[PDB]
Colleague: 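Consider the following structure, which includes meropenem (bound form).
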Amino acid sequence: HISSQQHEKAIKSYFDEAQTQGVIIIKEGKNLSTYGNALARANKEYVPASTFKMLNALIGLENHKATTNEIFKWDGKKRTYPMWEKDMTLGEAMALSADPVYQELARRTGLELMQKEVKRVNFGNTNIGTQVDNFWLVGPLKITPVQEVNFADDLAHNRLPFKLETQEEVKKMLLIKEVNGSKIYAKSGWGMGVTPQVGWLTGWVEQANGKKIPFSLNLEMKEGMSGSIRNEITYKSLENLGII
Ligand SMILES: *C(=O)[C@@H]([C@@H]1NC(C(=O)O)=C(S[C@@H]2CN[C@H](C(=O)N(C)C)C2)[C@@H]1C)[C@@H](C)O
């Protein structure tokens, strides 16, 4: 009974109140809905940053460069964040968004196979350039919020061109929240070495009844913003719309 004008206003205000510019795309069935305080971002290209980890893991697992219980050892070198200084599975690394593990996995895949697989699944502008272990951070790979939500929709419904088992193993890594019999699966992203900086949270909601509603939030991150503003705007938006 809440008007769409009111939903649009409330979700715009969540971005306004985080002092950022952003959009959140929701897809119900085949219909895309765009909300937020910067709608024109929906079809603009940004680096995928750590959202690329979902496809890196699909490619690595499909091509047997890793398994889901293999432990990627910390090599003992200092990492940007102390929580990355430990040994972890692809799964743990997904939740911590640990770039060093994903960089190692990309190097096992190698530049040639990586290029072929990123073209094969049709991700973003599909260009990875000549450096297998940084193309998702500063270019040249870019992707729009519409393309990210369509990727999430594909993964949520096992539609990507990988085995069903590869897709389920990656999906199991992405569970971030359970809210009233609803499950939220998502990957966050924060591209710090592009200007302006870009924040992402892309995934889907699995409702109690089995329906999956994919989303993609995309915003401008600014110095001394907390990463958790991405989750908060998302949960508020999905709750406002009655998806969770
Ligand atoms: C991916 O985009 C980069 C990493 N991704 C994230 C993220 O999406 O939050 C971070 S932030 C890093 C992870 N956990 C630490 C933390 O204190 N929290 C935000 C919970 C800091 C990285 C920048 C990746 C390419 O570096």
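By the PDB entry numbering, chain A shows 32-275, in order. Note that ligands are numbered from 1 as they come in the structure, with each ligand's atoms numbered from 1 the same way. What's counted below: heavy atoms across the whole structure, side chains too, no hydrogens, waters or symmetry copies. Going by what the header records, the deposited coordinates were determined by X-ray crystallography, 2.0 Å.
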Colleague: According to the PDB entry, what is the name of the macromolecule sharing the most 4.5 Å contacts with meropenem (bound form)?
Modeller: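 It has the most contacts with Beta-lactamase.
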Colleague: Which residues form the binding site of meropenem (bound form) when counting heavy atoms under 4.0 Å?
Modeller: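 The heavy-atom binding site is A80, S81, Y112, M114, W115, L127, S128, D130, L168, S219, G220, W221, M223, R261.
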Colleague: Output the list of atoms in meropenem (bound form) that are nearer than 4.0 Å to some heavy atom of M223, sorted by atom number.
Modeller: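 The atoms of meropenem (bound form) under 4.0 Å from a heavy atom of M223 are 23 (C).
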Colleague: I need the nearest protein heavy-atom contact for atom 2 (O) of meropenem (bound form): residue, atom name and distance, please.
Modeller: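 So the nearest neighbour among protein heavy atoms is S81 OG, 2.3 Å.
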Colleague: Do protein heavy atoms approach atom 11 (S) of meropenem (bound form) to less than 4.0 Å?
Modeller: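 Within 4.0 Å: no protein heavy atom nearby.
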Colleague: Quick check on contacts: which atoms of meropenem (bound form) are under 4.0 angstrom from a heavy atom of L168?
Modeller: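 Here the atoms of meropenem (bound form) in question are 25 (C).
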Colleague: Using a strict cut-off of 4.0 Å, indicate which atoms of meropenem (bound form) neighbour a heavy atom of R261.
Modeller: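 Reading through meropenem (bound form) atom by atom, the close ones are 7 (C), 8 (O), 9 (O).
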Colleague: Might you check, step by step, whether the distance between atom 20 (C) of meropenem (bound form) and some protein heavy atom is under 4.0 Å?
Modeller: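 No, because not a single protein heavy atom sits under 4.0 Å from atom 20 (C) of meropenem (bound form).
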Colleague: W167 to meropenem (bound form): N or O pair under 3.5 Å?
Modeller: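 For meropenem (bound form), there is no N or O atom that lies under 3.5 Å from one belonging to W167.
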Colleague: Could you check atom 22 (C) of meropenem (bound form) against the protein and tell me its nearest heavy-atom contact, residue, atom and distance included?
Modeller: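 Of every protein heavy atom, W115 CZ2, 4.3 Å lies nearest to atom 22 (C) of meropenem (bound form).
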Colleague: Which chain residue and atom does the covalent tether of meropenem (bound form) reach, if any?
Modeller: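 Covalent link at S81 OG.
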Colleague: Using a 4.0 Å cut-off to any heavy atom of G220, which atoms of meropenem (bound form) qualify?
Modeller: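 Here the atoms of meropenem (bound form) in question are 2 (O), 8 (O).
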Colleague: Does the protein place a non-hydrogen atom closer than 4.0 angstrom to atom 26 (O) of meropenem (bound form)?
Modeller: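 Looking at atom 26 (O) of meropenem (bound form), one finds that a protein heavy atom does lie closer than 4.0 Å.
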Colleague: Specify the source organism of chain A, per the PDB record.
Modeller: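 Going by the PDB entry, Acinetobacter baumannii.
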Colleague: Could you find the nearest protein heavy atom to atom 13 (C) of meropenem (bound form) and give me its residue, atom name and distance?
Modeller: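 Answer for atom 13 (C) of meropenem (bound form): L127 O, 3.6 Å.
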Colleague: Hey, which atoms in meropenem (bound form) end up nearer than 4.0 Å to a heavy atom of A80?
Modeller: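 Counting from 1, the qualifying ligand atoms are 2 (O).
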Colleague: Does an N or O from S219, backbone or side chain, lie closer than 3.5 Å to an N or O of meropenem (bound form)?
Modeller: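 Yes, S219 has an N/O under 3.5 Å of an N/O on meropenem (bound form).
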Colleague: Quick one: which meropenem (bound form) atoms are inside 4.0 Å of a heavy atom on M114?
Modeller: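 Those qualifying, in numeric order: 14 (N), 15 (C).
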Colleague: Meropenem (bound form) and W221, any nitrogen or oxygen pair closer than 3.5 angstrom?
Modeller: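 N/O-N/O distance under 3.5 Å: yes.
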Colleague: May I have the N/O to N/O pairs between meropenem (bound form) and the protein that fall below 3.5 Å, each with atom names and distance to one decimal?
Modeller:
from	atom 1	to	atom 2	distance (Å)
meropenem (bound form)	2 (O)	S81	N	2.8
meropenem (bound form)	2 (O)	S81	OG	2.3
meropenem (bound form)	2 (O)	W221	N	2.9
meropenem (bound form)	2 (O)	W221	O	3.2
meropenem (bound form)	5 (N)	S81	OG	3.1
meropenem (bound form)	5 (N)	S128	OG	3.1
meropenem (bound form)	8 (O)	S219	OG	2.7
meropenem (bound form)	8 (O)	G220	N	3.3
meropenem (bound form)	8 (O)	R261	NH1	3.1
meropenem (bound form)	9 (O)	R261	NH2	3.0

